[PDB]
K.L.:
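Structure below; questions to follow.
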Amino acid sequence: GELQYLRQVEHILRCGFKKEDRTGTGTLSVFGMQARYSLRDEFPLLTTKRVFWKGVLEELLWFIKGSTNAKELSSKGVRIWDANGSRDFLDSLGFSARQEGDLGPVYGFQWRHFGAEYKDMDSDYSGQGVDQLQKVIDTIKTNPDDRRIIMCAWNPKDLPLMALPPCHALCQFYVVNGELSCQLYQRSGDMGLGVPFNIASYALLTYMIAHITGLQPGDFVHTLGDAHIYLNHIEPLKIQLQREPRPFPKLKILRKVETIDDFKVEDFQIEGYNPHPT
Amino acid sequence: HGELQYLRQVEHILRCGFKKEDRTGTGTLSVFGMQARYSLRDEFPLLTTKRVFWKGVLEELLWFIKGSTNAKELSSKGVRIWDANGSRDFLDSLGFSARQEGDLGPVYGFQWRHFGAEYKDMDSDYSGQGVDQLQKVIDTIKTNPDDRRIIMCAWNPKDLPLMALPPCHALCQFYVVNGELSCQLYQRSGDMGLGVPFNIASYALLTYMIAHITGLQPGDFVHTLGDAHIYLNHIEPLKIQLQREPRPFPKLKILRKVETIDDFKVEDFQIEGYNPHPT
Ligand SMILES: O=c1ccn([C@H]2C[C@H](O)[C@@H](COP(=O)(O)O)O2)c(=O)[nH]1
Ligand SMILES: O=c1ccn([C@H]2C[C@H](O)[C@@H](COP(=O)(O)O)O2)c(=O)[nH]1
Ligand SMILES: Cc1cc(NS(=O)(=O)c2ccc(N)cc2)no1
Ligand SMILES: Cc1cc(NS(=O)(=O)c2ccc(N)cc2)no1
C-alpha cells in the first residue's frame, strides 16, 4: 500500500520537470497522479516517516463542527492554520477589518454551509447554506448506488475571502458490496510534507462515515493535480525511499457513534504504528 | 498508442468491476477510481475503435462557452444530446412547469461563466454577474502559468436542485510547464461505452482552444474517473471492440489565429485523418 506513495515520489524525482512556484523556491513536478490505498483491516498512516496523527484527527474534528477559526484548533495543540490566521498575513490580503484567527469561508464553512453569505467566524450560520457533509451521509444511507455523492470545498465565489485556496477541491464517496470508498481530488500536493497527512485525513473521514453508515471501509483513491517535491527536500526523500515500509497500523473506534457530530478525540485509537524516525 | 489506456480500462472493468445497480435500475459493471493520460502533442485523442460524434463535441463546447442553458440553441445546430432533458414533460417532472421548453437550468454554461449569480431563466441577462471562471482561467494562464489553482468548477451544490441533471464533469484544472498546457478533468461518473470517448474529446478540444489563445502548445489531457462503469447490455459489443486495433489518432487543426475564447466558430476547426473502425 505504501509502495504506491513511494513509487509516486520516485516518479517525480525521475520524470518530473523543474517548475517555479508562488514561493519562488522551485519544485520537481508531475501533473496528474493517482493511488489507491486499501482501508480493509488497515489504516494508511505512512511508516517511512512519522505523520502528525494528532493534527489529522483534531483538524478533521475542527472541520466537522464547521469552524473557520484557527484559534479553535490551536487550543488543541495543533497549529497548522495559525500562521494563516495571523494578523500580518490577514492584513497582507487586505483583511484589516478581520479578527485574528478568522480564516474566511474555508473547509468548515463550505462543508456545512455551502452558498451561505459569509460574514465572520463568529456569525451564526445555522440552517444556512448546503450541509454537504450530512447530505453525503443521508445519501449513503438512503441510496448507496448514487453517483453524485460529492462534497466540494472549491467555491469560486468565496475564493477571494479565504485565507488561501483549498488544496482539497472535492471528494466523492462510493458504495459497493457494503464497502464505502472515497476519492479525493487534491489540486496541489507537497509529497514531502502535506501529502502523507492529507492521505490520513480523508482515510479517517472515510472510516468515520463508514462507521455512521453501517458500512466497511473500502478504498481511498488519492488523485493529485500538481504533485511536486520542493528542490531542497530531495535529499531527505531519497533517504526515505531506501527505508523499507512496515505494515500499516490499524484504526479502532472505541464506541458506537450515531452522528458525525458526536465523534470526539477519545473515540479513536491508532494501534500498531511503528514509523521510521526522521 | 494512447487509446490503449482507454481499452485497458474497459477491460479492467469487465474483469474486475463489481455488478452494481444505478438510478435507472439497468445494472452496470463498475470500478471506482481510474486515471488515463492522453498526449495532445501533434495528435488529437478522438477514439478510433468506435466513431465519436465530433460535430456534437465541437458544437456543445461552443454552446458551453457562450453561456447558454437553452437546449434549443444547441439543437438548432444539429446536436440533440440535451433535448430530452429540456423537454416539456421532463421539466414538469422535476417541478419546472413555469420554465420554457429547453430551459436546462444553471448547467455548465451558466457555471463556467456566471458562477454564484442568481439563476432566473435561460433567457435572462447575466452580463457581469457571478464569477467568469473560463476567462479567469485564460487570464491566469497568461499572467501566472505556474499557478496551482487554475480550476474551472461546474459542481455547484447550491444550484444542483435547479439543474435538469447534475454535471458529470465536476471540475477541470489546468497546468503549464515547458510551454505546454495540460488539463485534468474530474469526471464523477462515466459510461465507458458512450459518454466517455465523447467527454475525452470535449476537454481535449477545450485544451487546444485555450492553448491557442494563450500562445502555448497542448500538453496532456489527464482523464480522472470516479464511478467508471459499463452497462450490462453493452458488454458484448465492447468485447468485440476490444479486439480491434486502434488506428493512429487524427490531428486537429485550428484554421485561423483567434484572439479570445468567445471568438471561436465551428469553421475554425478541422479534424484531419480521422479513420475510426465501423460498427
Ligand atoms: O493540505 C495541504 C495543503 C497544502 N499543501 C501544499 C501543496 C503546496 O506546496 C502548498 C500550497 O500552495 P498552492 O498550491 O496554493 O500554490 O502546500 C499540501 O500538500 N496539502
Ligand atoms: O458527459 C456525460 C454525461 C453522462 N454520462 C453517463 C454517466 C452515467 O452512466 C449517466 C449519468 O447518470 P448519473 O451519473 O448522474 O447517475 O450518463 C457520461 O458518461 N458522460
Ligand atoms: C493552511 C494549511 C497549511 C497546511 N500544511 S500541510 O501540508 O497540511 C501540513 C501538514 C502537517 C504539518 N505538520 C504541517 C503542514 N495545511 O493547511
Ligand atoms: C443530457 C446529456 C446526455 C449526455 N451524454 S454524453 O456522454 O454527452 C453523450 C454523447 C453523445 C451521445 N450521442 C449521447 C450522449 N450529456 O448530456
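Chain IDs: alphabetical, in sequence-line order. Going by the PDB entry, the residues shown for chain A are 23-300, listed in order. Following the PDB entry, chain B residues are numbered 22-300, in order. Counting convention: from 1, in listed order, for ligands and their atoms alike. Quick note: numbers below take in every heavy atom, side chains included, and nothing from hydrogens, waters or symmetry partners.
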K.L.:
Going by the PDB entry, what is the chain that binds ligand 3 with the most atom pairs under 4.5 Å called?
P.N.:
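Largest number of contacts: Thymidylate synthase.
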K.L.:
What is the recorded name of the drug molecule at ligand 3?
P.N.:
sulfamethoxazole
K.L.:
List the other chains with a heavy atom under 4.0 Å from sulfamethoxazole (ligand 3).
P.N.:
A
K.L.:
Considering only heavy atoms, which residue marked active site by UniProt in chain A comes closest to sulfamethoxazole (ligand 3), and how close, to 1 Å?
P.N.:
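Nearest UniProt active-site residue in chain A (heavy-atom): A:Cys189, 7 Å.
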K.L.:
Below 4.0 Å from any atom of sulfamethoxazole (ligand 3), is there a heavy atom belonging to A:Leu186?
P.N.:
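A:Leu186 counts as a contact of sulfamethoxazole (ligand 3) under the 4.0 Å cut-off.
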K.L.:
Determine, considering heavy atoms only, which of A:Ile102, A:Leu215, A:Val78, A:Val73 sits nearest to atom 3 (C) of sulfamethoxazole (ligand 3).
P.N.:
A:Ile102
K.L.:
Which atoms of sulfamethoxazole (ligand 3) are found less than 4.0 Å from any heavy atom of A:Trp103?
P.N.:
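It comes down to these atoms of sulfamethoxazole (ligand 3): 1 (C), 17 (O).
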K.L.:
Give the numbers and elements of all sulfamethoxazole (ligand 3) atoms closer than 4.0 Å to a heavy atom of A:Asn106.
P.N.:
1 (C)
K.L.:
Can you list the UniProt dUMP-binding residues of chain A with a heavy atom under 4.0 Å from sulfamethoxazole (ligand 3)?
P.N.:
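Checking heavy atoms, the UniProt dUMP residues near sulfamethoxazole (ligand 3) are: A:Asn220.
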K.L.:
Which residues form the binding site of sulfamethoxazole (ligand 3) (heavy atoms under 4.0 Å)?
P.N.:
A:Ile102, A:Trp103, A:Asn106, A:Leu186, A:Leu215, A:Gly216, A:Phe219, A:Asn220
